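Working notes, beginning with the structure itself.
The residue numbers of chain A are those assigned by the PDB entry, with the residues present covering 11-201, 209-282, 316-407 sequentially. Ligands are counted one by one from 1 in listed order, and the atoms in each one are counted from 1 as well.
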Amino acid sequence: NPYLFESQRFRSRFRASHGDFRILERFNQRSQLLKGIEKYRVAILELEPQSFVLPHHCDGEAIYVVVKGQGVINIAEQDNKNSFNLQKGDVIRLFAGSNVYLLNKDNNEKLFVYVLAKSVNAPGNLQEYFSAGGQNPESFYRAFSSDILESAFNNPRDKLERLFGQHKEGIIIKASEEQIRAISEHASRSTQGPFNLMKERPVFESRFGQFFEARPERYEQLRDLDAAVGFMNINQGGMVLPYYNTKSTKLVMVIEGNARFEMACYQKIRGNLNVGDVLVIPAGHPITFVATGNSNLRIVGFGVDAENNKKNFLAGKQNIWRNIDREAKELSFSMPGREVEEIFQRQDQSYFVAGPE
Ligand SMILES: O=C(O)c1ccccc1O
């Protein structure tokens, strides 16, 4: 499967000492049929307890989704400052060129952030510009002549030289309570910000699973990217009835449990998905997920071209076939209509059912 990007294809970019930040492969290079998502790049940013990513800004519109833990983020713009703290499931939209720094304010729990970002300069070409740092990573402030910086900051080429250079530790370093308590107090708000993935009722739900989806049609933050952050919660031993998306290519990744998937291309692409593995579900392709293991099945994913995207189910009480009449069913499968109608209808459940034990 060219759609299957295992967790091992996440390329850790910078020398990150405490935790690390990993960029997944370009979707188009592995097999040039994933070119609708060629401008899109997915990443996974990982923060150990009491860590801290140096303030930077990416060229490209981003979307942070918190998968594990909690922490504090700070978005800095030319004439605007905002400090939010996030829990599990919180989605927040990062705009291009905006400066950002994170921190794991938890002393035992770890910080996992599932990240989406679309290019703006060259299709897929994504770069992080670090205003902080020293030698690791370089600070773009060291790409300017000393007399330029000396004339910009009004400072001799000594204090600036010792400032932007004297810094050894990587992107993610350790923070301390005297720093955190102040940082988290800037974040402490009263009475755009983040929104949890369960801010809504499940778009679809059964006694065996739930599906939450943040949509551009509701959340303004998502209208620019035309992206939807759906979250699919399958219960132990359960499954999603085979369905397909109308126009949205999804970039889905397992965050809890082991998922067994099958999908039509019609080549039958099958596989197993562990936590951290990425699967791409292009638009129109049917697919099903099954919880395989003692654990549950929680699995999150971004969706591009999200506006007006529906889900059409191919089985269950509410599938597309009820909206196809009897005679068309006869011509379709070359059997009596009341006979195939009694095949499609003897599943009383609609979206999530019991997977094969
Ligand atoms: O197929 C989807 O639309 C989807 C969206 C978000 C998470 C998991 C998913 O399968």
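Lab note: drug at ligand 1 identified as salicylic acid.
The largest share of close contacts with salicylic acid (ligand 1) comes from the chain named in the PDB entry as Vicilin. Organism for chain A, as given in the entry: Solanum lycopersicum. The set of residues with a heavy atom less than 4.0 Å from salicylic acid (ligand 1) is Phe228, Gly247, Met249, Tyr260, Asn262, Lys267, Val269, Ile331, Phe339, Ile349, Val350, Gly351, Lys361.
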